[PDB]
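Next up: a structure with forskolin.
Note: chain IDs run A, B, ... matching the order in which the sequence lines appear. Note that chain A is numbered according to the PDB entry, with residues 875-951, 965-1058, 1072-1076 shown in order. Numbering of chain B is taken from the PDB entry, so the residues present carry the numbers 877-956, 965-1058, 1074-1076, in order. Just follow the structure's listing: the first ligand is 1, and inside any ligand the first atom is 1.
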Amino acid sequence: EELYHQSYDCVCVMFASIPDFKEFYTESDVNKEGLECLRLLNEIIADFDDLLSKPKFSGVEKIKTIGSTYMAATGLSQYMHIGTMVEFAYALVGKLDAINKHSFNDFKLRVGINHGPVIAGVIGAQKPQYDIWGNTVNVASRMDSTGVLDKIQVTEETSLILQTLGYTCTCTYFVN
Amino acid sequence: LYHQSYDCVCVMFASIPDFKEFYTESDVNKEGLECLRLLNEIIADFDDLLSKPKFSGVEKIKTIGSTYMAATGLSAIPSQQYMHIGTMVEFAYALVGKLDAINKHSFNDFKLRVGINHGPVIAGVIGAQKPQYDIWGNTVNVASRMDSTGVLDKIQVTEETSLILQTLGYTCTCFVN
Ligand SMILES: C=C[C@@]1(C)CC(=O)[C@]2(O)[C@@]3(C)[C@@H](O)CCC(C)(C)[C@@H]3[C@H](O)[C@H](OC(C)=O)[C@@]2(C)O1
Ligand SMILES: C=C[C@@]1(C)CC(=O)[C@]2(O)[C@@]3(C)[C@@H](O)CCC(C)(C)[C@@H]3[C@H](O)[C@H](OC(C)=O)[C@@]2(C)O1
């Protein structure tokens, strides 16, 4: 009867998607009607998850995946954790790369990062899911969906905090 | 990669497209918390339909934000008519009626935008951390497309599924009803 909620302020949320994966996936003979593609995707995600085990990213929290899109976040308990999220996205790229050269593919990550206040919480009676709701999230997501392949799009606000840390963000502020 | 294969499963993407506009985070809004409570109320009410014998064959895959994803046909007892496609339409009507009972109690005017499609699907769990089950495939990406390109308060359905629906009794424009 009670809605499980906890508010957090200043959490960096990332939406790391592989926009060309929907084109790749095919279903027919060679693929086994899709099964070969899901295995690759399963391979890609499980490899990304493996980064979470690195002490370097002990503060990163995988929320879940939406299809091939990966959602993570630092801050679920200033700026260090915002810089950690950028290091994690770089780490996702490098893992996607190690996969592209083993599976003979050319996948590219399109990351969208943003920080701010958030409300984590569980919705629904059957099959309850823990999301991160809010505007900083819908904006983190917007950075991704309007982002650029192989690049990390970041809002004007977050770009500054990043500079405070050391990341030179190209001005539409991107980073690599 | 645990996976299973199913042929002919009706998958529905029932979304509330105006909810993103509604949501806000202010003084008179509890920085969003009041909105999540409404959404939590809307989803938990939808889930309550699954308990109806009428929909014992309906299975909730997940919700994506405010979007609800369900499906008939995943019943896994190695049996491989088009009744379960008609069940999915009855379930979407049922989501509308529950959304309505909520609009009149919370003084809102939310509208559901449903996308239904049937076909072969691969249910499976992906990811080491927070592994999550789904329904992958083209019938799914199409069920989804029916939703995302759908019309408020209407159920968009592909040419193929529209026919099966007529075989069952559903009036079909060029949208079930
Ligand atoms: C519920 C609120 C609102 C407005 C804000 C929000 O946090 C979201 O739930 C996120 C961003 C957020 O929950 C992260 C997951 C996902 C799937 C990316 C959501 C959707 O984009 C939602 O939009 C829809 C239409 O569900 C959105 C944007 O809706
Ligand atoms: C992984 C495969 C592929 C190509 C096919 C598929 O089944 C999907 O995973 C669904 C449709 C499917 O898993 C149902 C949930 C949701 C959220 C609707 C998925 C996304 O639209 C995926 O797209 C993305 C871009 O992640 C998509 C379409 O990607």
Of all chains in the model, which has more heavy-atom pairs under 4.5 Å to forskolin (ligand 2) than the rest, named as UniProt has it? Adenylate cyclase type 2
With a 4.0 Å cut-off on heavy-atom distances, which other chains neighbour forskolin (ligand 2)? A, B
Would you mind running through forskolin (ligand 2) and noting each atom that sits below 4.0 Å from a heavy atom of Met945(B)? 15 (C)
Looking at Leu915(A), which atoms of forskolin (ligand 2) are within less than 4.0 Å of one of its heavy atoms? 1 (C)
Taking only heavy atoms of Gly941(A), which atoms of forskolin (ligand 2) are found under 4.0 Å from at least one of them? 9 (O), 22 (C), 26 (O)
Just jot down the forskolin (ligand 2) atoms closer than 4.0 angstrom to any heavy atom of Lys938(B), in number order. 15 (C), 17 (C)
Any nitrogen or oxygen of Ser1028(B) lying under 3.5 Å from a nitrogen or oxygen in forskolin (ligand 2)? Just yes or no. no
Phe889(B) neighbourhood, listing forskolin (ligand 2) atoms whose heavy-atom distance to it stays under 4.0 Å: 14 (C), 18 (C)
Heavy-atom contacts with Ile940(A) under 4.0 Å: which atoms of forskolin (ligand 2) show up? List them by number with element. 17 (C), 26 (O)
Is there a polar contact between forskolin (ligand 2) and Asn1025(B), counting only N or O atoms under 3.5 Å apart? no
